Every structure is written in structure tokens, then in C-alpha cells.
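Below, a PDB structure including naproxen.
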Amino acid sequence: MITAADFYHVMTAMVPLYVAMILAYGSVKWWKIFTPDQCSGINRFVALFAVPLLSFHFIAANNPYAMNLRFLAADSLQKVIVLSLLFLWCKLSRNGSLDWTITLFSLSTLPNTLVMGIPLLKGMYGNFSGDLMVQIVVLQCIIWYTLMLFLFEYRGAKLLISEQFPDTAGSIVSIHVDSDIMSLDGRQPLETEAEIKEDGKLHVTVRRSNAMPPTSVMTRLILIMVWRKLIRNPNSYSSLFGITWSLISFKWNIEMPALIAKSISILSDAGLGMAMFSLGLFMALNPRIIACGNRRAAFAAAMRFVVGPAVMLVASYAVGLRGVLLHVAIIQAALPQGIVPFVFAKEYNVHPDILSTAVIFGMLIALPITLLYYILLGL
Amino acid sequence: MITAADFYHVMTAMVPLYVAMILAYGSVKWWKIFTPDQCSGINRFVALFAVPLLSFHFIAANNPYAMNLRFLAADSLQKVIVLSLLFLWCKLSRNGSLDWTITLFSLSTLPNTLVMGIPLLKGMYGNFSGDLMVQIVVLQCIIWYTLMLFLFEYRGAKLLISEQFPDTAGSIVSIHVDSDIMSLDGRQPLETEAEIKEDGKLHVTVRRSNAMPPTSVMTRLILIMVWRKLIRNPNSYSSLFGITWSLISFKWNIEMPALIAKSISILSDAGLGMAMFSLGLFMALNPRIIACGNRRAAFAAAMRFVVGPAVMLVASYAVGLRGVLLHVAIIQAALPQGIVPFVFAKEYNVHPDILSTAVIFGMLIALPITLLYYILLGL
Amino acid sequence: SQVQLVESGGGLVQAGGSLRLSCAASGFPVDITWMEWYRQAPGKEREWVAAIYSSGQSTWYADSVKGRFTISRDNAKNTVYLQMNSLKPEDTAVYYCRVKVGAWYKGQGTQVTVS
Amino acid sequence: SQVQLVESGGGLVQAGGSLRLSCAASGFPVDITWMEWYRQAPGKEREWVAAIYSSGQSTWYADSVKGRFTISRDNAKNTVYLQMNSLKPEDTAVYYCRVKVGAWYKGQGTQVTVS
Ligand SMILES: COc1ccc2cc([C@H](C)C(=O)O)ccc2c1
Ligand SMILES: COc1ccc2cc([C@H](C)C(=O)O)ccc2c1
């Protein structure tokens, strides 16, 4: 059984999250304080300044030489079993596309670990959960937000060739992209132009308009359209200097100086409260909470609180997590939907209405569902 | 003499202030990230949410039963000697108005104590300066931001009668103000209407337009136009519940519970960094730094770093502050100009160009001037 | 020094009569700028009716009372005379002057009531 | 399967001559939609000159070369013929076709140069 104090330590670190969210939801719909043009001011600040300085503070403090390599395998086994079955669906079925493969992947194996996952699990299983929940944040910001970034470019680099080269798609050698383009999408007019050479070689240049290929060709066009999306993303400069300092510091025992550590701790302490205040503004800019319908909003909480955790219950017997690590691995999969998988689906227009539902409706039932998993594992 | 460590403890708590300001000044003029319409989004947030929850945390922790009543007299003696001499100027000279009395008062005896004054003096004279600098913040938010609020209403309640009742100003009994009006300014058209009674009594009703009196009359019109400006100001609800909890808590030894204390500490920690980030945006919205001229910008640093501190050097021998309290009283008067005396001068249009200079130019020389006072008092 | 506004002319009458309203003033330096006449109904509302001012050849009227009521200012006696004809039965309201010496000065003294 | 665009007609000539440019195509399903002709100067720029397309009775021209150069499409031989007359001395640039089968296909083969 449990005590009544454990129920109190959850509410100590979950009530200050919802207070920072109700005051954002109230001050727009009820009292009408912020103009929705001025609402984009705070959402511009949290994406650029608060969060990339908040993720730098957790990565550069986490010890890399003592990572629990057994716990780190039973979370890289959830994201492979789910990724293997969905590619078996989009290449054998009669209606399986790739526009449904990524959306059924972000709903299952990408929780909200940084902002909400760390203070919850710290208030449930002591302080060693506060170190394990940082060891998943490092892998999300360095692997599983990068493999998913290739899957939107390959979704784009297939459409632009298959729409406009349907007949001679097999004899193209090099593809040249001008530096004006940042996203081959259809947002921009994209006058496509093809040089012709003597022996079937066919250079293709993609431009800007005014007024199947070999796999050694698609794996060059993608790597150009990822290097341009990675040196502009500010979170890629957070996790790069975070790992580099942490590999230096935890060997020669160098402590970070107080002139620099207090220079970052004045913005990083303004990061967790502002993120729940920026998320609270988002659940009032929408016209309706349930947008795409009552037949798909419950589908969001079906691929997130069931198929998410119950595939880690079978991916943990294999690796060998029992006792206390088994309970922390199951609960960290039933966390609500992250915000970074939405940010991708808003730019590339791959179902923005479903992920906009699962974030907002996921927050309102995140507390009375994970508390059910705390009780049923304690017996 | 001093050590080199004391120079280091100043830079430990002053470098994270300017880092939060250069990133705000840079991200508008240099890289052009924020739209100036979206720039009003953050300035709306700091005035309503960050600061009134930050001032509540310092007042409700400060012990009221052990206030240093000798130090609290030699700062209420600066603000009386300066206030007595300026009323001797506006009532005996040939060119002394009241529009210059208040502006020569806010430049001298109202520093920036909450945001910038507390971390500086904490890094110079131990931790007991961190308790004295809260004991002045309480008196500013409860007396010296209220006596100054009467002086702008009396500036307004004299103009509206003297413009439009020049001949029979001496026989008015009651003045009635409709609840539409929030500021008798001239911003609004203000159709003035006067009832006539039988025996020289003359009721006056001030309205909204579509398409000397006895001193027992002016002291009723003012107290209506202060009660309407005080129940809308959010800082008046911070210092009211701050003193009320602190008089209860420090007698029966009740500690504030962790469900409420951590509910406020998620926004109050986002208060000091955001205030220096909101102030850094303000020094780029202006067209020029020195606005009213090079013959009055140096006048701002003449009534703030000289006439400010040197009148407390003679208001401290009288009360009897020697030793260590004498050095802390002089340095806390040479702090740069506060932001709340600007906020008043922007609404009532009583010289907004001078106070807009003294805040921005005051921040850029605040460090190499107070450090001169640290050296010259240590010898 | 005991400034005085004097109104006269009103009373009770049946429909179709004629009344001669007045508004006498005393004790002002200028007392010209923009004078008015308006009603005050028992249904809490107030309609502005007539106006004579420094131009003299310009009268601002309403729509229902347009071109039927006579306004006249006497600059010597400091009195504005208001002649009203074909009195409609909806004249139970109080009809009084709104002299303006830079601020609006007013009285209340009539008993205009038409059955 | 080795698609081929063939250009012919160009060469070196003095001012005031006449040339007959060509653009032959083979190996496409449709190959009509909107064809072009444009210059490529040694000063890095490129001016669009002429166009014949699915309408046939509509030719988009420039301002300097307006109403002086003859464009003609042969739908049977899959070849567009370009007749140019009164050749100005600023014709050192390379003049070639820009056939469009949904995406723009192009060649480079001429040596148009006028002294
Ligand atoms: C405009 O609101 C945001 C933007 C980005 C965010 C990123 C994150 C981290 C990187 C994450 O949770 O995985 C959290 C919250 C956020 C809120
Ligand atoms: C929009 O920027 C502001 C608004 C209000 C402020 C108030 C204060 C406190 C009350 C004070 O210093 O006396 C500080 C900084 C501030 C910045």
C-alpha cells in the first residue's frame, strides 16, 4: 500500500503547473486582457529564449559517464517495435500512406518529458527519478527529434519529384537547390528546371519562380534539406554545447564558474513557469477544444495512454527491468503529448488538427490517469 | 582598504542583470526579431503578473516587528527636506509652477530599489543589507507612491476648474463625477455642467460629451479620483495582502504552506529576469537615447547622483547612523532612476521626455558610479 | 456674487395653445457663446431642441420639432425668449434653458404640462 | 529511355542577316503545354523572348524584340522553328529553347554570335 504523504508530494509539484495555466486561459477568454496579435509576443519568447536555455541547464548538469544503460535500452525498444510495425502497414496494405505513418508515431512514443515529466516523477519516486528523466530528454533532443525530421523531408522530397517528373524519374543524377529555398513545400512557387546531358544524365535545378530516382540521389537532396533546417533551429545549439561541456566537466571535475552559472540561471528559472503560461494561451486561440470531431478525439487518447505504455510493459521484461525501474518506465510513457511533435505538424501540414487536440485534451486528463497507474502498480 | 573578493561578489550579482538587458536590446535593433506591436506583449505581462507577484514575495517574508526604526527615519528625512524646499520655490518665485515641482522630486528621492537595488547591496555588505533593502520597498509601495499620486490629481483637479470657472470659482459646494470618467485629463471631452441653487450654492457635475473653491471641496473631489485609481492598480493589491500576512505570521510563528508558497514561487522566479528583459526592450523603442537635448540629459544625472545622496549625508548625522549603516544609506540613494516614476509621467504628460532619458542613461552609468562610492567610503 | 438665472412663461394649457418661455440672466462678463434649450421627459431621457449663439443666423433643431418653434435672443435685456406654437399633448416634460459662459449653467423653473 | 532534345540553326553572321533556329524533341507523352525561347547574355542575365503554347494564337513577347521575330510550332515533327530577321549586333548571347512537359526541359546547343 501507500501513504497519504505520497499523495501530498504529487500535489506539491503539480498544483503550481495548473495555476500557471488557468491564469493564461482565463486572461484571454474571460477578462480579455491580451490582444491575439500580442499573444504571439510571448510565444515568440518561449520558443527562442526560455526553452533553449532551459534544456542547456539539464543537459550540462547530467553525468554522461554514469548513464543507466539498462534503462536506456528499454526506451529505445519502444520506438523501434512501433516504428517497425507501421512501415509494415504502409508498404503491404491497400490504403496505407506515409501521411498516416508519422502521425500514428508521434501520438504513441513521444511524451512531454522536459516541462511536465520531470516535476511529476520527482514527486513520486524520490530524487533518482529526477536524474532518469533527464537521461531521456537528452536522447529526444539528439535522436528522436532528428529521425522524425528526416521523415518530413522524405515526405516532401518524394512529392516534388513524383508530381513533376512522372515519366522519366529513373535517370536523374544530381539535384541542385538554390539557397533561397528553405522548405520545398508548395508554400513557394518552385519553378523546377532540368538540364539535359548526352548519355541520359539529367541534372535538375530547383529554383524560385517570379511572376523513382536512384537511392544514391535521394540521400543527397535530403541531407541538404536537413542541414538547412538544423543550423537555424535553436535547440540544436542547446544540445550540442550541453553534451560537450558534460563530457569535459565530469572527468577533470571542473565545476562551472559562478559568473556563468548565475548568468544562465536568471533566464532558466523563467523557463518552466513561462512554458506553462505559453501553453495556457494556446488552449484559447483555437475556436473549439475538440476540432476534428468526437470520433477522433477519443482516438488520440487511445494511441497515447494504452498502446504507448502497454508496449513498454513487454519491452521491459526483455531488457530486464524489475522492481522500481519497472514502475518508472511505465509511468513515463503515460505522460501527455509533447509540444515539439506539434510544431512539426504545423509547418508541414501533416494533420495539424489531430495533434492540436491531443495536446490540449491530453493536459486535462494527464493527472487522473497517471495517478491510476501509481495505485495499480503499488499492489 | 578592501579585498579583491569584494569586487568579485559585486560582479557575481550584477553581470546577470546586464546579460538579460543586452539580449533584449540586441534582438530588436540588430537582428529584428520582435515586431514592435508584439513588443507590447511582454511589457503587458511584466506590469500585471511578474512584478505584483514579485513584490508580494518580499513583503510577506519581511519581519514587521523588528524593523530598524532608526534607519527608517533617515530615509523619511530625505523625502521631507526635499519636499519642503520645492514648495518654497513654487509659491515664492516668479516662474515656479507645479509642473516642475514633481519632476524635480522624482529625479531626486526615488531610486530603483526592488529590481536592481536588492541584488547589488546584497553583494556588497553581506546579507543584512538584503533585509534593509526590503524595508524601503515596503514604504515606497505604501507611502511614497501614494503621496505622489495625490500630486498628479491635484495637478489635474486644479486645471479643470481654473480653465472653465475663472469668475465664480469661490461659491461651489459639491462636485459630482459620473462613473464613466477614470481620469479628468483632457484626453476625454469632459462636458462640465453646473446646477444653480437659491443662495449662491452651485452644484457642479462633470460628464462625458457626445458629438478658488473651498478646501473642504477640493479634498472631496481628489479622494474620489484617487479611490478610482487605487482599486485598479494591481500593486495596491500586492502590498495590502503582503503586510496583512506578515503581521499574522511573525507573531504566532505560522509558516506559509508549501502548496501556496510553491504556487507563487513559479511566477516570482520569472520576475527579476523578465523585468530586466522588459527594460531592455524599452531602450530601443525610442528613436534616440538623449531625446530632450544634451543640455538637460546631464541635468538628470545632476539631480540624481549628487543632490540625492548628499542630502542623506546630512540627514544621517541628525538621526545618528554611523559605521556600517551610514555606508548603506548613502549608496542606496545613488541607485539609478526607478521605472514607476516614469509610468506616472507618461499618463499625465508631465515631462515624459526627461524621465525617459534618466532611466536609460541612468542604467548605463549606474555601475561605475556606485563603485566609486564603495571605494571612497572604505578609506 | 449671487449670480442669478430667471425662467418664466410656463404653465398648464390644453392642446393647440401657445406659450412664451423665457430665460433671464444677470452677473456675467460675456455670456454669449452657445446657448441651448432642451426637454427632460419623465422617461429619464432628454432631447436637445433649439440653440441660438454668436452667429445668430444658425439654429440647430431636432427632427420632430423642426421648423415650428420660435427662438429669439435679446442681447440688451440678457434674456432669451422661446415662443412655442401648436402644442402637442406630449409636453408634460420640463422645458428649460442651458446658458453657457464657458461652462454650462442651468436652472429648473417651469411647469410645462399639456393635456 | 534516352530522351533527346535537338537544337539547330545558329552560327556566326554579320548584322542585318537572317537565321532559322530550331528545337526538335522526341520521347514524350504530351509535350505541348507552354514552351519558351530566351536569351542568356555574357552579363549573367537572361531575358525571356518568345512563347507559343496550347492556344497557338497568343505569343508573349518582350518590348525591345516586339513584333520582329517569327515563332512557329510544328506539331507533327515535334519541332519549334524560330525565324529571326534584322539581326542587331547585340546577339553574341546563346539563344535556345525551354520546352515544358510539366517540368522545364532545356538544352544548350547554339553559337549565335553577331558582329
Ligand atoms: C511555444 O511553446 C513551446 C515551444 C517549445 C517547447 C519545447 C519544449 C521542449 C523542447 C519539449 O518538451 O520536448 C517544451 C515546451 C515548449 C513550449
Ligand atoms: C514594464 O516594466 C516594468 C513595469 C513596472 C515595474 C515596477 C517595478 C517596481 C514596482 C519598482 O521598481 O519600484 C519594477 C520594474 C518594473 C518594470
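Sequence lines set the chain letters: A, B, ... in the order given, protein chains first and strands last, and positions in each chain run from 1. Counting starts at 1 for both ligands and their atoms, in listed order.
- The chain in largest contact with naproxen (ligand 1) bears the name, in the PDB entry, of Auxin efflux carrier component 1.
- At a heavy-atom cut-off of 4.0 Å, other chains contacting naproxen (ligand 1): A.
- The PDB entry names the source organism for chain A as Arabidopsis thaliana.
- TM segments of chain A (UniProt, N to C) within heavy-atom distance under 4.0 Å of naproxen (ligand 1): 2, 4, 5, 7, 9.
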